[PDB]
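Quick notes on the structure that follows.
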Amino acid sequence: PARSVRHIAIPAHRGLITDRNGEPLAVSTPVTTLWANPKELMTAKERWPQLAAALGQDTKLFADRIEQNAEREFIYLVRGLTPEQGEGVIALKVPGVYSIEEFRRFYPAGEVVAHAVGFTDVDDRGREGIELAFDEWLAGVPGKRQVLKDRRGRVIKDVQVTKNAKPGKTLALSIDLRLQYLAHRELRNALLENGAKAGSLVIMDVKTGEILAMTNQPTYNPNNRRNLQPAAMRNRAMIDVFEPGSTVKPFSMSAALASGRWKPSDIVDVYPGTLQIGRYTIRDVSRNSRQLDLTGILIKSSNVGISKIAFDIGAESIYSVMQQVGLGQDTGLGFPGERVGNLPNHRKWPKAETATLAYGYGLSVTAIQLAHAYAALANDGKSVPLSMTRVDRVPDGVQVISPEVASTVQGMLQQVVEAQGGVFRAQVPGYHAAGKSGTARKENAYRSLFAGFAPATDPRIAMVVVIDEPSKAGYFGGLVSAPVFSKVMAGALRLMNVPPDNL
Ligand SMILES: *[B@@]1([O])O[C]([C]C([O])=O)[C][C][C]1[N]C(=O)[C]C1=[C][C]=[C]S1
């Protein structure tokens, strides 16, 4: 062709990601894709070796590259490059060589908030995390310019900007970067001190459904993905599922206290620390108990004790409460890869299955779902829908546990933390805190769990700590996960200026 008119799209400035307070988490930065028309390059061949030397490329490899695709009017010398480099090569004055301002994501907080934020690909398109989930919102409208081109394809003149580019829109996350840094630091230190393989920490606003912090280990630097494992990129809080074990006994207890058949001072005999359901044997971890009250059952995490309560009230009431607090249910966060886990239902709940559900096995949940459950319980039985985006207008919650029952369970979990034989390492200096330890087995390999909230008497914050496969001789949730809860809850309450309730 003697001439032709071609589409070139005006790229959009991709929307700024901030934290709830406007700290920048993902920032669109000027770069420049050095490109070339081979057809024009093919008539300045003595200029190539210098060009190559400034693209650092091998002289003969470069020249082979330009040769093979001589016909094409387009080739990328580099993708991205500062508006600095890009000029250093423009000032060469090589025929068929140009620079064109692009946008590249920078992530100022780096590894600290990688799983939540995720990242864009070579093309400034969301690929993981918030970047993908909210791509539409963040990506603007590419505009369009009609350009007249000579025989070779060199832009002679620009005819019209027919439709300008529209910038993408700012997104403010629920994340509080200050809590996120603290959670990140303490989860990393807890892994080191226990030689654990992995972990997750979630902090929630029990009043707004906002995720204030979501950190996992291992993590990666999104600014430098060069050499990086598939494992280190798992948002484990959202896309990994586990058996919550003893951390859902409190929901089994909500059911019990809602049935009308149980009150806290009621007694269950759990002797001799085991119980046969035909060929199946329920085993307590500790087996030096006969009579325990309902608080003791939680303090001892007695599987026998919670199974006998379950046989009494029925699996249906237990299933119903766990369903309503959202365990194994769709959170509606539309996070890429986000799991729903499994809350298995039954027409006929047999005995074995009644017991396993009640003591926290046979179901699988995310750390985010468990945090959300603990939020509902902390917010006086009222579940607010989860959000990763800042909540200005808090939606109506659903009352999923009676306020009075919620209040009783709150008081019992405060005792689990504060009473003799309790999870004393979960205590939070000059606050009342409430919560529940858990330990799962997966050749002994543990998952170590703590879920709780504070302040105990007027809750603000729900927190889950999950440490995968601690390596020292301590593996119990109350040993491994509780101290991280203590430290990160104490920090979060201070940072949000929450009044101490233990004076
Ligand atoms: B539960 O998940 O966690 C309890 C321990 C805690 O509160 O930290 C013990 C009972 C439940 N776990 C199990 O029964 C499975 C295990 C077997 C041996 C140690 S954990």
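We number chain A the same way the PDB entry does; the residues here are 49-490, 500-560, in that order. These values consider heavy atoms only, across backbone and side chains, with no hydrogens, waters or symmetry-generated copies. One-based numbering, in listed order, for ligands and for the atoms of each.
The compound at ligand 1 is the drug or drug candidate vaborbactam (bound form). Per UniProt, the macromolecule making the most contacts with vaborbactam (bound form, ligand 1) here is Peptidoglycan D,D-transpeptidase FtsI. Residues of other chains with a heavy atom under 4.0 Å from vaborbactam (bound form, ligand 1): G293, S294, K297, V333, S349, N351, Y409, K484, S485, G486, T487, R489, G534. Where the criterion is an N or O separation shorter than 3.5 Å, residue side chain and backbone included, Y503 fails it with respect to vaborbactam (bound form, ligand 1). Between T295 and vaborbactam (bound form, ligand 1), no N or O atom pair is found at a separation short of 3.5 Å. Structurally, the covalent attachment point of vaborbactam (bound form, ligand 1) is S294 OG. Geometrically, vaborbactam (bound form, ligand 1) and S349 share a nitrogen or oxygen pair separated by less than 3.5 Å. Note: an N/O pair closer than 3.5 Å links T487 and vaborbactam (bound form, ligand 1) by distance alone. Atoms of vaborbactam (bound form, ligand 1) lying under 4.0 Å from at least one heavy atom of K484, given by number and element, are 7 (O).
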